[PDB]
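The model presented next includes R-roscovitine.
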Amino acid sequence: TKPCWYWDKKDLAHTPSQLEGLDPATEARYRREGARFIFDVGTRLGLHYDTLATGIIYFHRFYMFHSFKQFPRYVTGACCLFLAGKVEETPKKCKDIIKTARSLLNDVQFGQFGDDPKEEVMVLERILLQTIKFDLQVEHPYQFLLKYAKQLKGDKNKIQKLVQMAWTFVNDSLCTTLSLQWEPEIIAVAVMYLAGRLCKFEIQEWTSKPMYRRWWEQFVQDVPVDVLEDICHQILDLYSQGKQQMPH
Amino acid sequence: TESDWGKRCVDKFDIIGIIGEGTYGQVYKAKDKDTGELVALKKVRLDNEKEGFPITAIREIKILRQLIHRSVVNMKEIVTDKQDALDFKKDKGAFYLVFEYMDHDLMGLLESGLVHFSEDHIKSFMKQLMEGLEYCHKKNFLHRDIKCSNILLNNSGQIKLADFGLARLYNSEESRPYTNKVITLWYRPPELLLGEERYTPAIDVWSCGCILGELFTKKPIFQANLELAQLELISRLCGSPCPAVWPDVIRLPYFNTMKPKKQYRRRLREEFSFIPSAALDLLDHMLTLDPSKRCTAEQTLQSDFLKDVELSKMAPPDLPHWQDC
Amino acid sequence: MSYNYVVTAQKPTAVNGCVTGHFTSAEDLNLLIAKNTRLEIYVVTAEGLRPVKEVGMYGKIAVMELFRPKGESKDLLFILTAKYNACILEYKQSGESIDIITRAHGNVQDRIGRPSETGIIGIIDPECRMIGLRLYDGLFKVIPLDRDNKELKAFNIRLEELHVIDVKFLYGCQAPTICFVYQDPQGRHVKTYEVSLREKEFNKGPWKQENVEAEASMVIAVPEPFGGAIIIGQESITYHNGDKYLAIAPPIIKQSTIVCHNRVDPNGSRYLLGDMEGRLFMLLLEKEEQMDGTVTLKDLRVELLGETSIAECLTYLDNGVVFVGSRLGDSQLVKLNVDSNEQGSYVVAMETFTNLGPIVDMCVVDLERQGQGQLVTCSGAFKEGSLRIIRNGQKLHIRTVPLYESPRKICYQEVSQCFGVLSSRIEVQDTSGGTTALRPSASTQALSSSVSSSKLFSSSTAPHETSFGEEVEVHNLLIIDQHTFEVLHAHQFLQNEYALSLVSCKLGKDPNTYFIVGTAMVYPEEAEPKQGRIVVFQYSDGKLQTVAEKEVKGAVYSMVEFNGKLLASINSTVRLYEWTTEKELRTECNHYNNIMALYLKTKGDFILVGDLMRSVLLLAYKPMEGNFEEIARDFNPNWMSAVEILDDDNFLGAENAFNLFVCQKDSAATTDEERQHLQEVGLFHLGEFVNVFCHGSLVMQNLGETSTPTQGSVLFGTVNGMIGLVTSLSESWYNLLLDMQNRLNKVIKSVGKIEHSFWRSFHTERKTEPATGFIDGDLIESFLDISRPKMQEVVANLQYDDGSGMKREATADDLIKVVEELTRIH
Ligand SMILES: CC[C@H](CO)Nc1nc(NCc2ccccc2)c2ncn(C(C)C)c2n1
């Protein structure tokens, strides 16, 4: 019926990129750069956040079946965003994506697109569709962050602070392989959990079951804290590695 | 696995012939070599390279893998031409969308004039169509192109909805601009003639009602070549758009521009006096000018005309015999 | 685009309706006979009919009735066409000049309505206050006959009874009253209403509803002396009038369905009834007068008079003369005698009017080696079944071969100096357990005879029960000599085996010439036949010998010889068979993308397949591969009645809606899609139902015949006996003739003021389109019959294109020569 789009962290040691001699740090850097390229290009084009995320998910999935050494990331990213636009009904012309990609990339980077940028991108569309197995519909943590937040009742300002901080954590997790490890529903909870810890809020009280300490369970069944912590650990690592700090 | 689409080759199908020409590619009837099942294969050509893969096909792939219903066609898989070995840039082969094969199309059955529909047949037909439409509308998807050609029927009496190349998601909270005219002029709702552009799911209801009347008269209810002429024909039967029946008609861009000859009174019940009472009420509600006052799919399903229809008895339509030959 | 020309070689001959009245003069007795699109006016004499006038109408005549409103000296004529064109007509004569006046006219079609099962019904009030029309289920349309209603404006009255069988205006009522039989789930009923022109609605009718026979078919409005109505069924005849009820159920009428009625005595004492076996009856109203002075109806009696042709309309004229209007056989004048002849019959035939009947199939054959070609047609049905040999010589000479059984398909086998004809006759389950034929016929009067012994389907184990009296078809292959037209041999096919297709040909390396018949096993329980036989027969030395048989899993609807191979269509499948050196058929290749492959035609390695609803398909046999390829299909859905190949690119088809179309290869090789799309480039409303397209011409060819502008020759036969011809034109000749039509239409006055452009518009119930690619030759050939002032008016400002002279003005004498050459193609 439908494909399995989730892997175990241990499995990322065996992506095509890894086996061709790329080390874990480099593939991680390559993923962040490609995701951020997709994010930055589409933000410049005025694209909806779902469109940006869908492209990023295609991108991450793509390099579970292919190597970064044989497929230039920025071409792939541009192709993903191009397709994502058509899937999410926020379409863009390929020439405009190239134009923006040229604006944001230096000369070395734009060399990946080769002599004919549009062609390298449009040609890749075939591989992308076959690679993602024509499973185009994608759900993103954003919708669940809002579906769940709507059921919280309490201080309007404390909840809005929780949401925005968590929303920032969603945007940042797009630079990671979490999109490949955990369903979006879990991600939405994890970022609520993280923001709750950081803002010293006790979300249990805002729920319809103030006494159910495990508030995540009334939204997402069968999630141990083990998972929410692993996700939190992975999100905060990006901030510790980078100069950037937690939004608060 | 069954879920890894886009890799299996079209070699696995013996092509029987061309059933019809689709807008984004032609559709051919074929037999699966392994199972013997008959499937209809839609041709998707990206060789044009104007904008790559057709968005119309993208909509059908995105939506039909989400929609599961007896009255909604099932896309079985996506298969490809023998791809060029290790040279994707040279490769310009096309993709095929596999669908269940359907024996006949409604437009073809009406046009031959051979088919005869009893009340009970229509009940079985309308109940399936509305059940499919309700499923889709509940999933917040709009068909946007309900035509007799897009209604497919098996000789068993099973009905399925087909072309989704123009389908788009509807957001009730957020009104956003769409394509101004989607449904074919003969079955287009008045709001699209007047260019609402922020249309509601009620657009599909209007068409389905046009079909309801068509099953009884064996003739399309409103057929015209110009948008105003259709508005006049609709206006003669359903009444002229006016503020009393359509409070917000004044906000529609073309209300002042497009006017019927007269302010015609509604005559639907009179002109369809031959239609049974249970059905006539269904038509009056489906063919209501104001989209806000037009009945919903669920309301059409919770009907004296359709509620007590049992899908176990699908009433197979009248089959032409050798004597009919 | 494509350019073609269509002309009538023989006008419609079947009688569709007939009425009597005082139409030409308040003094004369007139007989008006209606053939499809044609009206014939006669005057009744003591010897027979005197023809006075014939007009064509741009429409199929659906309603024809004569009435005389107060203030008129003579009867007026109401006609409604099948496309709902209504008009009131008047005869006017000025010395030698006879013309037809259109007094009122209009189109009465409703935007929304369901066409009724029993067809258009039109009746007129005895006081001529209104015309009643039953066009749509659940609606009654009233045209009030006031002096001012020159446009025939009308209103609908809601009718609760949706399924009406028949309706008539009654006599002797205080208000206009309708009496009708209707059907609902509880059976059939007779009911009455009163029509109020003031209120524009029905009021309660004079007498109560009565439950009537399940197969009550016709309503007879009895005149003033009795009043009320008579209802004719399959088993009984009843009289209803308020409290009075009578029913006679004589066993004689149960035998054959009664289809037509007419009034002999104006007072209603005597009525004439006819049935599908041709039997003619007299229905008698036995009066009883009370001392009150009132006249009541005592009893009904039915008396058998004799045999006429199977009749669509009966009309009594005068004295003992009755006109028998026949659609399935030749029409007649017969005299009714008071004394029976020595055989017991009171009916003696006077004159016989040729009706080509239904033309089921036909072939063109040069019997006398004359380079001309004669047309042998399968004509008629049942007792009227006939072979008609037609040659040109200025009238068409027609010879009739009586068969007394239904002819189905015909093919000529020159090697045997004879024709092969498929026929079917009706037998009835008799007390022996077998069947008995109603009358002897060709298949039983053959010199030598044979019955198939094939055991292909003998395993049976499928039960088919028989009830005494049920009808069955018995199918035969007839061998008929080409000079004497004597039935030389008849081969009776298997029980419940229908013969559907027939070819005469050589196959493969076999020097013998065979008759090959494709059959189907027809059981009432089957929706589609699932068994069939392809039988190969050799006619040799007065005996037919079965050479081989092939079992198929369906009906062999159509067969055609294909370059030494046998191309046969079995249900969905189109199959090509090879004839082996062992004298057996072998499947070679198959094509399956058809719902029902009804018709097949070949040119070279190309095949044209005609489907019940999938229009037409162009196949190609690919010899290098040994299989079929789909070249192009016509996607527009049409119901097919006959197809033909005009040339390698143009294909002709006939619709069940009386329409013709021409498809062409789109000839643009840009994309695969364009080629595989057959583009309809010709649309034309013929007005006839075409059964058979046949290449050939009846015109004498001495080799000296001027090469006409027209190229090619396709003859076609129709259900109403009409024979037509289709031919192609050059782009220039078409544009010229088309521009002339538009000029002629402005000049020529139409009966009923019916626009010619509307009449020829393609018309399915669901879609209507303007004609294209076709020249109505019958309009062009009328240029020679319009007066000189009109001829010159037509040619004004008329220019030729792309000729010896690019622009060349036309004169009235130039066009007279052109049309006169166009009349030479038939
Ligand atoms: C006839 C127009 C219709 C429009 O989708 N095409 C069609 N028509 C179908 N019906 C069968 C048919 C065959 C030939 C002519 C018309 C209809 C059909 N069955 C499966 N499919 C797939 C592609 C969803 C079918 N698609």
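Letters A, B, ... mirror the listed sequences (proteins, then strands); counts begin at 1. When a ligand or atom number is given, it counts from 1 through the structure's own listing order. Atom set for the values below is all heavy atoms of this structure, side chains included, hydrogens, waters and symmetry mates excluded.
- Per UniProt, the macromolecule in most contact with R-roscovitine is Cyclin-dependent kinase 12.
- Other chains in heavy-atom contact with R-roscovitine below 4.0 Å, by letter: B, C.
- Most of the interface of chain B with R-roscovitine sits in UniProt domain Protein kinase.
- For chain B, the entry records the source organism Homo sapiens.
- Entry name for chain C - DNA damage-binding protein 1.
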